[PDB]
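Among the contents of this structure: AT9283.
The residues of the chain are indexed from 1 along the displayed sequence. As the structure lists them, so they are numbered: ligands from 1, and atoms in each ligand from 1. Hydrogens, waters and symmetry mates play no part in the numbers below; they use all other heavy atoms, side chains included. Recorded method is X-ray crystallography, 2.5 Å.
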Amino acid sequence: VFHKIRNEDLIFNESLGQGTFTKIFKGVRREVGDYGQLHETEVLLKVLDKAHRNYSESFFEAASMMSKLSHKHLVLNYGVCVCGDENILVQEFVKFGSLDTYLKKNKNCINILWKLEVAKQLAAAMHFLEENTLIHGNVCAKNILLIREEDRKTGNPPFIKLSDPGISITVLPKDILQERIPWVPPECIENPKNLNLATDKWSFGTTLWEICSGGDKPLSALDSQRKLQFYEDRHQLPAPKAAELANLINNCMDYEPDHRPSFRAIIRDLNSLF
Ligand SMILES: O=C(Nc1c[nH]nc1-c1nc2cc(CN3CCOCC3)ccc2[nH]1)NC1CC1
C-alpha cells in the first residue's frame, strides 16, 4: 500500500475546495529529495470528512488504484499522512486546479483546438485504463487537473492529468448517486453493480459536453427526481454551440453499454478532425 509520511513534515495551508465527503487543501511537505537534498514541496492534502469516516475503505482504495499504475496523465500519490483520527491522502499539487473552474473562468478564450487537444489527452488516459482492464468510475471535468496552460505566445499545448475517482459509487448513497446525473450512466442508477469498463465511456461523453459547454453543468436546472425522469425518457444531452463533438458525445453516451465505442475508436474519430 502507501508510503507512510509523518505529521511533523506536513503543513496545512489554504482550503482549495471539496469533493464528495472530503476537504481539499494546499500544503507543504518537508522531505529529503534526490542527493539527500532537503526540499519543502508543495502538496495536496485530501481529508475524508469526520462524519463520513466509515467510507474510509473506498476512499483509500480509489487512490490505491492510481498509485498501482504509472502514466503521464495520471495524478501522482505521495502517501498517506499519519495522524490518528484522520484519513489524509497526500498527492501531487497541480498549479492550475480543476479544468472545471478553468473552463468557467476561461469560457470565452477556448477555441475548439484547445478543447480537442485536452480531449485527446483525456482519451489517452482512458485508453490506458482500458488496456489495463481498470475502471475509473468518475470521469468529470472537476477530476481533471491542469498541469500547464497553453502558452499562447508559443505554440505549446495544455497538459492535463486525471485525479482519483474518490469514494466508489458502489457504496455512496442514492441521493448522492442521483445529482451526478448525467455523469453516472443509466445502468448504475438501476443498481451500482452494473459498474463496468463501459461506465467510463458514458462519463467521458459527459465530460466532453462540459469541455465544450464552457463549464456549464449538464442538466443543472433539474432536481434529482427530474434527473431520473431524464433517463427513463431516455433523452440525450443537447448539442453544444461548439457542436463539432456532439456526435461523439452521443455515441459515447449510448444507453446500451455494449455499444459504446472503445477508447481506441474514440481516439481515431477524435483525430479525424482537421
Ligand atoms: O480537486 C482536486 N484538486 C487538486 C489536485 N491536485 N492539485 C489540485 C488543485 N490545485 C489548485 C490550485 C488552485 C489555485 N489556482 C487559482 C487560480 O488559478 C487556478 C487555480 C486552486 C485549486 C486547486 N486544486 N483534486 C481531486 C479531483 C478532486
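In the deposited model, the macromolecule with the most close contacts to AT9283 is named by the PDB entry as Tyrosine-protein kinase JAK2. Defined by non-hydrogen atoms within 4.0 Å, the binding site of AT9283 is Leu16, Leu44, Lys46, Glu92, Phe93, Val94, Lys95, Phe96, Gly97, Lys142, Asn143, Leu145, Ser163.
Protein heavy atom closest to atom 12 (C) of AT9283, with residue, atom name and distance, is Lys95 O, 3.5 Å. Nearest protein heavy-atom neighbour of atom 4 (C) of AT9283: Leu145 CD2, 3.3 Å. In terms of protein heavy atoms, atom 23 (C) of AT9283 is closest to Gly97 CA, 3.6 Å. Distances between N or O atoms of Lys46 and those of AT9283 include no value under 3.5 Å.
Protein heavy atom nearest atom 27 (C) of AT9283, with residue, atom name and distance: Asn143 OD1, 3.1 Å.
Among protein heavy atoms, atom 19 (C) of AT9283 sits closest to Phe96 O, 3.3 Å. The entry attributes the source of chain A to Homo sapiens.
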